[PDB]
Q: 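I'm staring at brinzolamide bound to carbonic anhydrase IV and have questions.
Chain A is the first sequence line, chain B the second, and so forth, proteins listed ahead of strands; every chain is numbered from 1. Atoms within each ligand, like the ligands themselves, are counted from 1 in listed order. Quick check of the header: X-ray crystallography, 2.8 Å. No hydrogens, no waters, no symmetry mates; every other heavy atom, side chains included, goes into these values.
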Protein chains: 2
Amino acid sequence: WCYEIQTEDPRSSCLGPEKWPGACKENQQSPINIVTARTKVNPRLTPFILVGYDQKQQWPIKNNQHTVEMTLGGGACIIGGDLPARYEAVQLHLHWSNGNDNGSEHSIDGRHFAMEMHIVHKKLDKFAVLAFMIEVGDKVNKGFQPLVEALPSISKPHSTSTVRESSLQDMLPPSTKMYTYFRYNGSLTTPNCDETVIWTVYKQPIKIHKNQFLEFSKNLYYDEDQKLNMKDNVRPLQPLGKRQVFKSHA
Amino acid sequence: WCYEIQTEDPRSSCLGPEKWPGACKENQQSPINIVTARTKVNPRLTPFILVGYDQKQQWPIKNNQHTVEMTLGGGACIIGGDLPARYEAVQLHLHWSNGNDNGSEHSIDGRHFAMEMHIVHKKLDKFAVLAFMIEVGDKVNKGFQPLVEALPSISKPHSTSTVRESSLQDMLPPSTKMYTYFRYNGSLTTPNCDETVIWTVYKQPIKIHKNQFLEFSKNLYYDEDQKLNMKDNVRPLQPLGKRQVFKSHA
Ligand SMILES: CCN[C@H]1CN(CCCOC)S(=O)(=O)c2sc(S(N)(=O)=O)cc21
Ligand SMILES: CCN[C@H]1CN(CCCOC)S(=O)(=O)c2sc(S(N)(=O)=O)cc21
Ligand SMILES: [Zn+2]
Ligand SMILES: [Zn+2]
């Protein structure tokens, strides 16, 4: 299976979003477009208790042929946010493009951002995915620097590597900016699209420099022969269906 | 009013703990001695959501004649921990002595520590005071360094000063070590001893170097003439009464 951009090569052809295996065609798919003016408030949506996010250590990364995967291996844990149980951090990856206005899978009021980050948590419901919007800024983001530096070494798919001493916490916006977010039931945005995901999309975006952003498409490749750089690894908007989207603030 | 150590001077005499004004003689006073084997578990005692603890800024400090006060001025906020409402950080101070085994007001199983830190929060119940035990170690604590350096400048009572760029978070133990704590209703440990305090005492202590610890008694003074260094600003154990002490873990 692959994204639209990958089917463009006349030579060889795979299952683009249009033909992704069963379950991707179901009643409750992600991503969606959040219409703020139509979201219901739920007081219980109190900020997450972030455990293990302040720990500094080396992170094993790899190009999985679809994105840059960073293994968190249960080092972190999250509690609260009206979640049924406790979830642990498993992996972290991103979705991007070549512009600063159409690289995020989700969108808030018809607005797509530069990139979108996904921190996946397995139930210790089933998956609790925290999604952050990223926006290109005129200033460098020290928190993201460690991740950018390891990019040149994992160019081709399946390459393993490691990220220098860093902590998840420094990659997110301040704790005082994590009050406002959106909740809704959905699915994985890639096959097989298991509808066992509880989504939390935050309003405040993370700003990274234009040069840090360009490093992704420049160093990462989808193929072994390094003919197609990695970008546009984004799935198109899915119909809201009958689902209801909530927000933490009133 | 003053502590025992201050009444020792034959010249002049004030109200030692023995004669502290009304309310200090009531049915539910703090500190107490936590008997772990007799504490009741309460699942609701889930870890606090620490807001504004990750912010780095200059902190105004002053010797208030009873301890080293550090104004947090509502910069931080705490939510959860089965608290009735949200509380904001107002001030931070400490209680110590000259040894490493009898400077903490509270005690866990007949054991007193080197120092005890108190981060006071006003109700945005009434006061939510987080108490941390401090222990002398063989390694320096970078998180506490900023506070130690400002000590020499606030020797005499009522001296104002400022602490260099630092954050509350780096002064506490890791987030993964803040799972176990104790809850109980009590009062201020100094006059007038208002019984409007919800206490949270954490099990894991903060370790600081023996030299960092000695700086407190060496630089701080109770009096204008700097004849009596500051130490033993600790109130003696108060009877548990009929109160019940809970713990977050089972
Ligand atoms: C990118 C790799 N494709 C899947 C892989 N995994 C699904 C296997 C079930 O668990 C064994 S995953 O749980 O790590 C996960 S989360 C997302 S998303 N984009 O955050 O909606 C996609 C995916
Ligand atoms: C040390 C100064 N003595 C009081 C001052 N204040 C009580 C005035 C009521 O509010 C206006 S206080 O709330 O900042 C507070 S908390 C404690 S303790 N040791 O943490 O139990 C003592 C005190
Ligand atoms: Zn994703
Ligand atoms: Zn105190």
Q: Specify the chains or ligands that represent brinzolamide.
A: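 All copies together: ligands 1 and 2.
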Q: Which other chains get a heavy atom nearer than 4.0 Å to brinzolamide (ligand 1)?
A: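 Within the heavy-atom cut-off of 4.0 Å: A.
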Q: Per the deposit, which organism was chain A derived from?
A: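 The deposit lists Mus musculus.
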Q: Considering only heavy atoms, which residue marked active site by UniProt in chain A comes closest to brinzolamide (ligand 1), and how close, to 1 Å?
A: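 The closest UniProt active-site residue of chain A, by heavy-atom distance, is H66(A), 5 Å.
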Q: Across chain A, in which UniProt domain are most residues that contact brinzolamide (ligand 1) found?
A: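 That would be UniProt domain Alpha-carbonic anhydrase.
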Q: Of the residues in chain A that UniProt says bind substrate, which have any non-hydrogen atom under 4.0 Å from brinzolamide (ligand 1)?
A: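 Among UniProt's substrate binders, a heavy atom under 4.0 Å is found in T189(A), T190(A).
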Q: Give, by number and name, the other ligands and ions lying under 4.0 Å from brinzolamide (ligand 1).
A: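 Under 4.0 Å from brinzolamide (ligand 1), the others are ligand 3 (zinc ion).
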Q: Using a heavy-atom cut-off of 4.0 Å, name the UniProt Zn(2+)-binding residues of chain A that are that close to brinzolamide (ligand 1).
A: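 The UniProt Zn(2+)-binding residues passing the heavy-atom test: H93(A), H95(A), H118(A).
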Q: Which other-chain residues have at least one non-hydrogen atom less than 4.0 Å from brinzolamide (ligand 1)?
A: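 The site of brinzolamide (ligand 1), heavy atoms only, is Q91(A), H93(A), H95(A), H118(A), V120(A), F127(A), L188(A), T189(A), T190(A), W199(A).
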